[PDB]
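Here is the structure we will look at, set down as structure tokens.
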Amino acid sequence: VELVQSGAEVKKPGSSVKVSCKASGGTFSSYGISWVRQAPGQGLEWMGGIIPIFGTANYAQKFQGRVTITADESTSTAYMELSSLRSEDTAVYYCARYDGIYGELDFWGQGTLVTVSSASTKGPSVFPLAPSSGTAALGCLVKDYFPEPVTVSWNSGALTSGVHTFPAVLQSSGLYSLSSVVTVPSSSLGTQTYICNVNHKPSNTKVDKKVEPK
Amino acid sequence: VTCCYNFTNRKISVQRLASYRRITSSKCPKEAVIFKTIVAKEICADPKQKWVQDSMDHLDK
Amino acid sequence: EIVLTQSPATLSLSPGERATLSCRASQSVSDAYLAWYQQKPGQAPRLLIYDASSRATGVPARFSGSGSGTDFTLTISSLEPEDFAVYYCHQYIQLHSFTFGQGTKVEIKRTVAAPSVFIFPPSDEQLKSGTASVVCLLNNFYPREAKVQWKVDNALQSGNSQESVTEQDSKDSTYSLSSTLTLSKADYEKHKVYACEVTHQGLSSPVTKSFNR
């Protein structure tokens, strides 16, 4: 039982998004598919479910007039279209299998990120956090990018110990910002190069930033 | 569904049960209750098991 | 229509201690149709307990659920550090209206550990971009709770600084926090002295780190 969901979306407020969930089988002749979301740092919200041999879905009332959940028997794929999008809809959307005669969500998809904003897909601007006044802290500011996510490594993965990559916070501009820091021995500052590797897939941006003492 | 070879080992809520029919120890392996689910499918249940009895006569009333 | 209320909001326990999480329902859940999920940071929820007391698939023996009607409890008998997660309860008796609890966070308790504090001035490159970010770093501390206050020209600032906190480290069970002061080049150049001041219980007196442009 695999649930494979379609990829991350970016939407302007007021529009609509359709998320797919391909279930491994042709076996929703015995089960249904639920849709469950989670805004960043928030809890789980049910949105609705469909048991395909019923042809029609049930919806959570918070979304009642806004959501459509459908299922296509031939491709064993379930769908979830949410319209009149607002920033509160910025969430990871999961599909999850359940048995009509029980109801526990026993298998989950990997999730789909939907980001609702006026902002445009934008690569990050990466600036060094240079060490100075035993051990020294240094890092990278990954600034003003949209949307999530971004991955950061150091020295192509060779440096992992002591690395802290902070959760991004949403700026009042609708853009995201984070810093990735690392602690190292002071004595290595002259004698070893430190490069943070930033990958922002949604804008196809890869940045490497040399981080030197001053 | 014809005969029963394995029983369900998980109690179902009566809210998910539409109706039941019995099956006997003749021309068919073991005597069983077969529940017609609210979702079309049929489950084999152990008549000796307690929750099955109570589901049966709840369905009757 | 069935509201689930979980308590406590956060549970702090040292490794090996017993965890007891509550899920109280606003109405009787009718055939123990209640489930528990575990969600580790940045991962899909995992089913732990179904039917209130049935241990799910590939779930370690230390996890157990129990109760009926309105009172449900999840039990982790001997807490492992890989159990740092948020745990959710879920009724599924009302097919037409599935509901979830707000979630309980289980956190590893360890000895008090003071933060190392570092301040980063805005880089030359960033100023050449038009903006200036002043980063203050609180490294490897416990407990999570920390007070960071910015002093710009010895004037205590308010609401002009975002903070980000890491997940509890799986190795040393600490947290790290960043407090960033974000400005435009011009606004940054208005003031001279920039200071980050950190208060945390592991420190006998507040720690100040500062610089001058």
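In what follows, chains are A, B, ... by sequence order, proteins preceding strands, each numbered from 1. The deposited model was determined using X-ray crystallography, 2.8 Å. Keep in mind that the numbers below use all heavy atoms, side chains included, and drop hydrogens, waters and symmetry copies.
In this structure, the drug at chains A and C, out of REGN3479, CNTO 888, 10-1074, LY-CoV1404, is CNTO 888. Per the PDB entry, the macromolecule making the most contacts with CNTO 888 here is C-C motif chemokine 2.
Epitope of CNTO 888, chain B, heavy-atom cut-off 4.5 Å: B:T8, B:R10, B:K11, B:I12, B:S13, B:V14, B:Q15, B:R16, B:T37, B:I38, B:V39, B:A40, B:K41, B:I43. Paratope of CNTO 888 for chain B, heavy atoms under 4.5 Å: A:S30, A:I51, A:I53, A:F54, A:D99, A:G100, A:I101, A:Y102, A:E104, C:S30, C:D31, C:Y33, C:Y50, C:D51, C:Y92, C:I93, C:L95. Chain A - PDB entry name: cnto888 heavy chain.
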